[PDB]
Visitor: 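Consider the structure of Mesothelin with MORAb-009 bound.
Reminder, nothing fancy here: chain letters follow the sequence lines and each chain counts from 1.
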Amino acid sequence: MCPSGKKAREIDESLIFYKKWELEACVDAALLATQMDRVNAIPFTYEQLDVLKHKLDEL
Amino acid sequence: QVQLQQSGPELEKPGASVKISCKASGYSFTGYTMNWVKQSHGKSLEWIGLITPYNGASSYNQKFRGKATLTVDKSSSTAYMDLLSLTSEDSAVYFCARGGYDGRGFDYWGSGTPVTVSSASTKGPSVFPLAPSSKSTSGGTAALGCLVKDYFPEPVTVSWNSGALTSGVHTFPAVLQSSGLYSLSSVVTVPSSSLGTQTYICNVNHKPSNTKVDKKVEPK
Amino acid sequence: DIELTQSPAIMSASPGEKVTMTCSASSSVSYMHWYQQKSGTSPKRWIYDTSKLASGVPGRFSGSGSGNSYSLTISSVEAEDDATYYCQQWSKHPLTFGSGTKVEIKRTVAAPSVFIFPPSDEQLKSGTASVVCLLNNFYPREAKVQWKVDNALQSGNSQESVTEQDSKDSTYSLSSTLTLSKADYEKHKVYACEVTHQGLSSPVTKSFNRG
């Protein structure tokens, strides 16, 4: 369950303060596919990145 | 052991820039974000921003955009922060701090880099003895110390007998004189019976003026 | 930006007591972290993810809270807990910190032991003279000092400085420094400082004669 109010509407830098589990719950894969180009400019950790990469493989 | 070793105190004229550094050891540098924080003397903490060393991506607190630039050198596991066009409101202590795994706050912090922005120039302390007597004999416990006068910028270090002596010691906060210079005392209480034999030395380090000074403190 | 309001600003606590400090966030926060900082040291991660003990932190610290109200609890306070504790929200960019709750430890009245130091010969030939008055290991923090030269109540020339609370005996110490010209120092003979404090039933004076 994405916490109330916390669902990602853009792939932007305020996602850096999402926990691994919150990324998984709050970031729809479609969204992420279309704003893929943003990710490599956001200072994500290797752990956060693992989760985002898992999302895109769901697809 | 994880360690974040920051560079020494800086003194810069209004309008200059300065690059401070943070060398990480004891872990995998690219495994963790690195963060910078500012603390104004006597104040709260403000987050400046962070960076992931692997690819150099970064993110800033808007308030610090332009004021600060974060970079890293992976091959020396060192993180850097450039502070531009300095004013007196940038005078503060700046920390680096590693972000704990998966967002668990900042789990290791560096010692802090104090930066002073002023027009005045470096001066080193003169270091005078605060010597005991029968005007410093409280039933076989006596007091003595060093007075470290007229210097700039902060900070100065003091220890006694080269770290040997810690119990009893009080090193006071520097005070800003009208001179526009700083000054502080360090003291320590001891038993009277120890004065004949034992000999006491304060050790003064002032990194900015490259002053390193040991005053033997004796009675009379 | 998320605004964090910590209270009380200053908490004073008798050892053994159970005490809680609060951090109100201006809007909703997913996780809060807390740091202990002691005068002159880097902050140390104390509680993280709202309620988990960071490595090495004694079990008597805990954290809780939901949504907007977070709290940090010391279930049995101890001399070494004297510090400032900052909350930090990890929820909305940019990260923000409260301005801290400072914890000072209650102990019993302890009068200052008082010592006076005349200006050193080395310093005199400089041009200026500094007489120092030390008040050692007292509690609580409030003390009055007064300088008097040949019984003339000084004023304008002195400056005080006070240590942070000791983490073992919980006391303070304070210095007062009277600064004069070689000239005005060479004038008079009797230099004293007079101290009053809660734990003194009358003023302690420590004086001396250029001699």
Visitor: Where do all copies of MORAb-009 turn up in this model?
Guide: chains B and C
Visitor: Provide the organism of origin for chain A from the PDB annotation.
Guide: Homo sapiens
Visitor: Which of the chains belonging to MORAb-009 shares the largest number of heavy-atom pairs under 4.5 Å with chain A?
Guide: chain B
Visitor: Which residues of chain A have any heavy atom less than 4.5 Å from a heavy atom of MORAb-009?
Guide: A:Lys6, A:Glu13, A:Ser14, A:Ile16, A:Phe17, A:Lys19, A:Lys20, A:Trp21, A:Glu22, A:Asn40, A:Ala41, A:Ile42, A:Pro43, A:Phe44, A:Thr45, A:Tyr46, A:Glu47
Visitor: Please give the residues of antibody MORAb-009 within 4.5 Å of chain A, non-hydrogen atoms only.
Guide: B:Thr30, B:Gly31, B:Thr33, B:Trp47, B:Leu50, B:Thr52, B:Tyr54, B:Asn55, B:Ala57, B:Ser58, B:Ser59, B:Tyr60, B:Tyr101, B:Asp102, B:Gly103, B:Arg104, C:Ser30, C:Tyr31, C:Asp49, C:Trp90, C:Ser91, C:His93, C:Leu95
Visitor: What name appears alongside chain B in the PDB?
Guide: MORAb-009 Fab heavy chain
